[PDB]
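Numbers restart at 1 for each chain; the letters A, B, ... are given by sequence-line order, proteins then strands. Modified residues go in as parent or X - their extra atoms don't get counted. Displayed portion only: the contact tally does not extend beyond what is shown. Per the header of the entry, the method used was X-ray crystallography, 3.3 Å.
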Amino acid sequence: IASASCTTXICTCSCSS
Amino acid sequence: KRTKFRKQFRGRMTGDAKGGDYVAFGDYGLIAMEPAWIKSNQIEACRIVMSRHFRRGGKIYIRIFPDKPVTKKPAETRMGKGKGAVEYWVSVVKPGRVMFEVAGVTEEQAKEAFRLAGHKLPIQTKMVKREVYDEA
Amino acid sequence: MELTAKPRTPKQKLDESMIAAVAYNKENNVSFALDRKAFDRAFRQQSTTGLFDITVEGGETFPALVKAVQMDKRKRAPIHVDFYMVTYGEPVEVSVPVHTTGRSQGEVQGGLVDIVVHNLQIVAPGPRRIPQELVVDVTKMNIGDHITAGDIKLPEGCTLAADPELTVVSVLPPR
Amino acid sequence: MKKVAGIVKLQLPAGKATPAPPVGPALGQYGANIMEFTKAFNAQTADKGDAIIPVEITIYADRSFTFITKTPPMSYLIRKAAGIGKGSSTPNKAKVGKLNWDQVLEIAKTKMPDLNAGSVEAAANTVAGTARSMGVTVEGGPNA
Amino acid sequence: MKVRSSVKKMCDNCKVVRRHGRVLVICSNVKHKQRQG
RNA sequence: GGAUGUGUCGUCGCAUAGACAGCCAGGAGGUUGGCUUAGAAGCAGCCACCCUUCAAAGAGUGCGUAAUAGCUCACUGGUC
């Protein structure tokens, strides 16, 4: 339900670009 | 498990199986190879175990109900008469007998449905299958 | 099956792998004692709807059907047997096994088909041509479909000894 | 930002932009621009608007990246072809529906550059098994 | 090491060996390392 | 209760028209199968486990991740 970088369907994940 | 109504007490003695057929109600079955006293609560221990391994079909037969009241030490004494009508209930299995016999699940899904079910019994048992044709 | 001896004393075998039977009809009720293993590998197939050559030591081929075998407890091992010499036009009545075939419309559905009665005995079989089995439908069967003897097709001639309306099988539900 | 390449596949929907759960870090954390994707990809998602087409990617490095679109979800239009917008719990106990072979002509007419099967019948019976276990019946066939 | 009375395989690597008068379990995975003694 | 510790009887079994274990190489496309989920793609859990090609390669062993992925298996050929 929360994290940074780490799921497929709600919205977090990780980070950069 | 427990019987519904009766007399109350008993005794104790032994001689090998006498009315534990073989095939009947199933394709696979478990047989006890030693003279024991199956505690009702050691049956539940099987049934349930056996269930889990299966999901549905419920092709499990427990043809060994507990017709036998046992007793106990009220705490210690000795000065009084017979005791503990309610310690628990037992079902005397004898060699060759058939407590279990699932039917319908895979040969394997049957050799595990017992393995486990056998790990909680006071004696040694082996599984069986067919060619059992005495009376029908 | 070459059984040879037949004395009342089974010593000379009880150790030596050898079963001990007896066969008859009403005429001769000859004493018998065949080989364990042989019969052990034998009866398997033919069961009790299977007749085999009985050339007792001396050369006298005989015909008979498996009557009643009483095996050891504690040991699925068998000990005694009964052979009922085949007749010609009538043996008596026999015990025939119920068999399922083709996936049932109950299995996949949500339940499992159960065979209430395993083997089944029918009046008169007719010696020379006696069903060593009995395939049966199951497919149609759905959510609590009972099939009785008065349903199963019959092998041209044989008559059902078992009550017809009797549940030979029935698709069992889940749980 | 650096020199690192290789490949990475995915399955982003058709006419829909990706915020952060489809890409963002997903492949963004490799030196690849999404903005320049929310439009490039979702551009051709137009002909095939309404679905989740499958799309491979290919990294070189820097601010470089490619992509190849494929065939979209045909589960959508089918649901729309029996009035049901959500798959079946049990496909063999409670089924969704049934169809005709005609629309099955176009199926193999878009899925072609994927289907490597033999000749026609080949892929005519491949989609059967698929249709088979999703939850639908095969109309017509042998003899009759 | 896992000294258990009931020593038995735990995956297709558990190589049940008989070293000095003892029954053991060398498995690619170590937590699988068993040994009655 | 456990274990390729030895002795002896029985059962399948599978097999120079060249198996088992070893080895080089392969491995499928549908499909991240449908179903379910915040997502799970051979591998948390229902349903099934069909199709195509082939010498082959099974909607699937287990390990592994937030699923991906990666790593091997069952099936295939040559070397003995």
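- The molecule at chain A, chosen from thiostrepton, insulin lispro, oxytocin, is thiostrepton.
- As listed in the entry, the molecule name for chain A is thiostrepton.
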